[PDB]
Amino acid sequence: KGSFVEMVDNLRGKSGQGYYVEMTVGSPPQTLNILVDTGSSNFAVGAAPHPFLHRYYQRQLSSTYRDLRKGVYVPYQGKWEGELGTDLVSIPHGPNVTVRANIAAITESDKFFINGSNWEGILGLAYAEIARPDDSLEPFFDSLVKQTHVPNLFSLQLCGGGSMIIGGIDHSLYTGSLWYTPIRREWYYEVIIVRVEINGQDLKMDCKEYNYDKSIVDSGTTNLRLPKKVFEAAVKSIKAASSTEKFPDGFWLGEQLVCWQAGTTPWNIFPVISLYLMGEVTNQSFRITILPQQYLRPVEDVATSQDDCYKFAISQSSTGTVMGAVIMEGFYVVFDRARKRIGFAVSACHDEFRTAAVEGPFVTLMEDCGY
Ligand SMILES: NC1=N[C@@](c2cccc(-c3cncnc3)c2)(c2ccnc(C(F)F)c2)c2cccc(F)c21
Ligand code: NA
C-alpha cells in the first residue's frame, strides 16, 4: 500500500454532488467519506447528528483529539459552523502515512450537507490564505507535506468514480502530453484564461473579461461558472450552434431539464468549447476542449428514465470564472504545488466524431490577462 497503483479508483461520487475519498479521523480511527475540494482550505467534518449524515466524527471517542478552544463560523448558498481542534488523520487508499492535522468539527450547518451524497465532510485542498477563521490555520495538505516525505503535489482524475493521486503523477490515468498553466497566486488555485472559443469561433473579448475578478480550478463546484459578460456571449454562441432545436429559457439558466428519448441525445448539434489557458512562457497558451457530454450534466432519476435528461452545467458567476467538476471530468489535472503550476492532460476516462483535447502551443503576439 501507499503506491500510486493502490491510489487508483480511490474516489466515488454522485453526479453534481462532488467526489469523495475515504478518510480516518481520531484514535481509534473513525471512517468518514470526505469531499475532495480544491476550492476551499479547511478540513471540516460533520461532528454532530444531521438528517443527511450517515455517520459523524465523535471527538469524545478519540484520545488523540486536542481542542484548540476556537470557534469557526463559515457563511457562504448556505453555512457551517463549529469548533477547531487537531487529531490524527489518514487516507486508507492514499499515502501510507498518518498525520496530525487541524480539523473543524461541524456542529451546526445550513444547506451544506446533501441528502444521499455519501460524504460527511470536506477536504479543503487550496491554500492557507483562504482558510477560516484566518491564514494561521494550516490546511491539511500543508501538514501532510511538513510531516512526511510526500512530494508537494497531488493529481485528480474525475470520472463523470475517479482517482486522487497524492504525491505524484500516474501515467495510466492520461494520454498525450501534460500542458501546464501557472498558479497566478497561492490562495484558490488561480489561473488565467487568455481566449475562449465556441464551435472554433473566438468570443473576441479583452482577455481580462475571462478572469474578472479571478479564474479558479474548483473540484468543489459542479459547473463551469463564467462572469456575466462571458456567460451571455457563451449562451448566445451555443444557442446559435444548436438552433435546429429550441429549448426553454429556464434550460439556459440551469433551472430546467432538457430531455430526449433514451439514447437519442443530439450531441452533434452542440458545439465544443475551448478554454485557452496561459502557458509557462510569455504569450504562449494551450487549450482544453470540452464536449457537450461534459457541459450537459445528466440528471439521474428513475421517474424520468424513459428519457435522458440534462441540466445545462454552465452558469453565471459574479465572483469570477470557476472551472468546476464538469470541466475537470475527462482531464487528468495535476496540482503541482512545488512548481506553482497546474497540469492538464486528456483523461483515460466522448463519441465517434469528437474527443476532449489538451493541445498547443498557441501564440498571441498580447496584454496581461489578469486582474
Ligand atoms: N468549492 C466549494 N466548496 C464549498 C462546498 C460546500 C458544501 C458543498 C459543496 C459541494 C456540493 N456539491 C458538489 N460539490 C461540492 C461545496 C465550501 C464552502 C465553504 N466552506 C467549505 C469548507 F468546508 F472548506 C467548502 C463551496 C460552497 C460554495 C461555492 C464553492 F465554490 C464551494
Ligand atoms: Na517533506
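One-based numbering along the sequence shown. Counting starts at 1 for both ligands and their atoms, in listed order. What's counted below: heavy atoms across the whole structure, side chains too, no hydrogens, waters or symmetry copies. Method of determination (from the header): X-ray crystallography, 1.8 Å.
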Participant: Report, by its name in UniProt, the chain making the most contacts with ligand 1.
Facilitator: Beta-secretase 1
Participant: Out of interest, what does the PDB call the drug at ligand 1?
Facilitator: AZD3839
Participant: Taking heavy atoms and a cut-off of 4.0 Å, what residues surround AZD3839?
Facilitator: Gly16, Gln17, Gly18, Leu35, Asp37, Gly39, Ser40, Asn42, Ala44, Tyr76, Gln77, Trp80, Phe112, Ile114, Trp119, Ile122, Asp218, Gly220, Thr221
Participant: Which of the atoms of AZD3839 are close to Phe112, meaning less than 4.0 Å from one of its heavy atoms?
Facilitator: 6 (C), 7 (C), 8 (C), 23 (F)
Participant: At a 4.0 Å threshold, what atoms of AZD3839 neighbour a non-hydrogen atom of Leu35?
Facilitator: 14 (N), 15 (C)
Participant: Measure the distance from atom 16 (C) of AZD3839 to every protein heavy atom, then report the residue, atom name and distance (to 0.1 Å) of the closest one.
Facilitator: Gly220 O, 3.4 Å
Participant: Around atom 21 (C) of AZD3839, find the nearest protein heavy atom and jot down its residue, atom name and distance.
Facilitator: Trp80 NE1, 3.7 Å
Participant: I'd like to know if atom 19 (C) of AZD3839 has any protein heavy atom within a distance of less than 4.0 Å.
Facilitator: yes
Participant: Of all the non-hydrogen atoms in the protein, which one sits nearest to atom 24 (F) of AZD3839, and at what distance?
Facilitator: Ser40 OG, 2.8 Å
Participant: Can you tell me the protein heavy atom closest to atom 29 (C) of AZD3839 and the distance?
Facilitator: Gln77 OE1, 4.0 Å
Participant: Could you list the atoms of AZD3839 found under 4.0 angstrom from a heavy atom of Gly39?
Facilitator: 1 (N)
Participant: Provide, to 0.1 Å, the distance between atom 3 (N) of AZD3839 and the closest protein heavy atom, together with that atom's residue and name.
Facilitator: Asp37 OD2, 2.6 Å
Participant: Which AZD3839 atoms does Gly18 reach within 4.0 Å, using its non-hydrogen atoms?
Facilitator: 13 (C), 14 (N)
Participant: Can you report which non-hydrogen protein atom sits closest to atom 5 (C) of AZD3839, along with the distance?
Facilitator: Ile122 CD1, 3.8 Å
Participant: Can you help me figure out which UniProt domain of chain A most of the residues touching AZD3839 belong to?
Facilitator: Peptidase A1
Participant: For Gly16, counting its heavy atoms only, list the atoms of AZD3839 lying under 4.0 Å from any of them.
Facilitator: 12 (N), 13 (C)
Participant: Which AZD3839 atoms, with their elements, are less than 4.0 angstrom from a heavy-atom of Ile114?
Facilitator: 11 (C), 12 (N)
Participant: For atom 30 (C) of AZD3839, find the nearest protein heavy atom and state the residue, atom name and distance (0.1 Å precision).
Facilitator: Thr221 OG1, 3.7 Å
